[PDB]
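Heads up, this one has sunitinib in it.
Lettering: A, B, C, ... assigned in the same order as the sequence lines. The numbering of chain A matches the PDB entry: 6-25, 29-160, 166-302, in order. The numbers used for chain B are those of the PDB entry, and the residues that appear cover 7-25, 30-49, 54-293, in sequence. Computed from heavy atoms alone, side chains included, the values below leave out hydrogens, waters and symmetry copies. Remember, it's 1-based here, ligands and their atoms both numbered in the order they're listed.
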Amino acid sequence: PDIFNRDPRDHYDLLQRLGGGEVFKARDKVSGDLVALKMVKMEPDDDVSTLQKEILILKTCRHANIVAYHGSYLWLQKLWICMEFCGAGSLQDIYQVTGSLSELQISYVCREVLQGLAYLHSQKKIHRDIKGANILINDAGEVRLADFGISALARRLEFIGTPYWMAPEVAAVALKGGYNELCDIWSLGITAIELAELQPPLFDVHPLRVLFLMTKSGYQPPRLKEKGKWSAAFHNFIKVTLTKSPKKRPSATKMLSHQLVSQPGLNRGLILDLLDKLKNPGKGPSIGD
Amino acid sequence: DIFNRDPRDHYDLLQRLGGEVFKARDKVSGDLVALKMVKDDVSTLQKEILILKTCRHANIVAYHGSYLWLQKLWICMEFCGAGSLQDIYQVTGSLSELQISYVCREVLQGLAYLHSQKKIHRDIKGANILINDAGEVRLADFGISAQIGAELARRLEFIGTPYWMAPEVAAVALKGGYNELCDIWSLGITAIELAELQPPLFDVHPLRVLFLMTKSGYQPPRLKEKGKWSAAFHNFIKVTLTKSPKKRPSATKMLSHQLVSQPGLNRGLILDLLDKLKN
Ligand SMILES: CCN(CC)CCNC(=O)c1c(C)[nH]c(/C=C2\C(=O)Nc3ccc(F)cc32)c1C
Ligand SMILES: CCN(CC)CCNC(=O)c1c(C)[nH]c(/C=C2\C(=O)Nc3ccc(F)cc32)c1C
């Protein structure tokens, strides 16, 4: 897992707090390469073997659409995860300045996220948290999924020995959990709306009320507010990723052949366009020269 | 309702009932009680105790108070002289159709109440159904039912933004992926257990049973010896054992079923069983 009991300041120069555990911009002391350092506060009763396993899940990822992992540092009951630095931050950080993404910019992001998701799911990993805040953009306009599952089955293993009085739905939860990797496909459909509208659907509704409505029978999956503005391909992409039944929701590899993400002309240049907007968001210079 | 003062001060310890539950006597009133001894978050502990304390119904064991001493938690509960139905049938053998119909009615009254309080028992079985000396039926928690409910309520307060969650993820975040109707199915299995001395598939490996239950085309269990039981009993088993929880009847709905609504269902049927237990 490459977890070093050393102080991270020995190898890296902390530069600036990027966000919030806490993420910092850092420079490699020998090469001068920019990295990101995610600091996670560890409690004393935390199990070491469980931390090594979680870290190794990140370490064993070798895909272009998942942030690269360089190493980890355990010092002062604080874990420092060293990863690929993505200059433009998250898509949430970006759209909060630029406004709504265009249909082609979203199509390219969805394609890149789906490539990341197809790889994770083929390794039996579930991101579990796909949203604008967790999709990073580097200076080249490239898309990376941030780290997942760190400091997040054993309880469910206890009941497994006595299933004889269990209802079929309880037995299904006990054996495979109440969800699988297809939860990420639904989260990506919500993310595509988020990128188009600046908010996920029902964002103005109380957290608890949304949870209740989502579980309530007759629950209708979200849809894009405007119609004509978006192609039939984009509306269908949202409709199929937001399939209510996970038994009917398509896999990431199935989605990769969808018209919205398989169309020609989708490249990081679409994101470099968005980045240009980010660099100069306000109006041009006034008469005061 | 938890105290730091050692329980031996209020109660005289008696014989171990099952392990860890103990029979005990109140030092001032002489009243018999049962003490559940359990060997860490104080927020989750208070949540568990409150679930037990707020259970005030004639078909649910009464809570008296709790004691935290030597890192051990002693939960003082109402005493039921005949122990669990499991303890009983391992001595008497099979219950009759009328004794089962009476137990099912009493359990359903206990469940209708728990379900009305947004509580789920989650471990309905012969082992968790107590019988007192007067032939009355009380639902109990030998295991970790209140712990599960408390742990779920704890996870709810710490549940992050829900807006990107798939509906199935929302269901586990909100209620562990199922609802109160699981108790209805467990009651269906318990009625077979009281009739045959074991739930269906008891002889089959638990991993194999889990795979069998989660497979497509899984047939709900049925009573083995069909001619021994009435059409009403066969039907009660059929409807409580509805595979889909969308079609499974509620505890209030089940209380209007012929098997449990019929006259001549009273504690006298269990008194006959208890005398058989003493014979
Ligand atoms: C809070 C205000 N911020 C201004 C500094 C908003 C803009 N955000 C920023 O600058 C920013 C930048 C430039 N990078 C990141 C984050 C990460 C990065 O590079 N690799 C990672 C790997 C994993 C991970 F989980 C996060 C990151 C942010 C938040
Ligand atoms: C296996 C046969 N054994 C013979 C010695 C045990 C028979 N069983 C017995 O004696 C017995 C008696 C008389 N009460 C209980 C249990 C409880 C009780 O009264 N209130 C509760 C409240 C909560 C709870 F979680 C358990 C009990 C048993 C096991």
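Most heavy-atom contacts to sunitinib (ligand 2) in this structure come from the chain listed in the PDB entry as Mitogen-activated protein kinase kinase kinase kinase 1.
Within the structure, the other chains placing a heavy atom under 4.0 Å from sunitinib (ligand 2) are, by letter, B.
Applying a cut-off of 4.0 Å to heavy atoms, one finds the binding site of sunitinib (ligand 2) to be B/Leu23, B/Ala44, B/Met91, B/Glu92, B/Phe93, B/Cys94, B/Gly95, B/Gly97, B/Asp101, B/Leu144, B/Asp155, B/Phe156. Of the polar atoms of B/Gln104, none of the N or O atoms is found under 3.5 Å from an N or O of sunitinib (ligand 2), judged by distance alone. Close N/O approach between B/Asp101 and sunitinib (ligand 2) is found [any backbone or side-chain N/O within under 3.5 Å].
The distance from sunitinib (ligand 2) to the heavy atoms of B/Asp155 drops below 4.0 Å at these ligand atoms: 25 (F). Shown in contact with B/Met91 at under 4.0 Å from a heavy atom are these atoms of sunitinib (ligand 2), numbered in order with element: 22 (C). Most residues around sunitinib (ligand 2) in chain B come from the UniProt domain Protein kinase.
Applying the 4.0 Å criterion to heavy atoms of B/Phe156 picks out, from sunitinib (ligand 2), the atoms 16 (C), 25 (F), 26 (C), 29 (C). The organism that the entry gives for chain B is Homo sapiens. Rounded to 1 Å on heavy atoms, the UniProt active-site residue in chain B nearest sunitinib (ligand 2) is B/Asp137, 10 Å. In terms of N/O distances under 3.5 Å, sunitinib (ligand 2) is approached by B/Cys94. Within sunitinib (ligand 2), the atoms closer than 4.0 Å to a non-hydrogen atom of B/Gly95 are 13 (C), numbered from 1 in the order shown. Counting atoms of sunitinib (ligand 2) from 1 in the listed order, those under 4.0 Å from a heavy atom of B/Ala44 are 18 (C), 19 (O), 20 (N), 21 (C). Residue B/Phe93 has at least one heavy-atom neighbour below 4.0 Å for each of these atoms of sunitinib (ligand 2): 13 (C), 19 (O).
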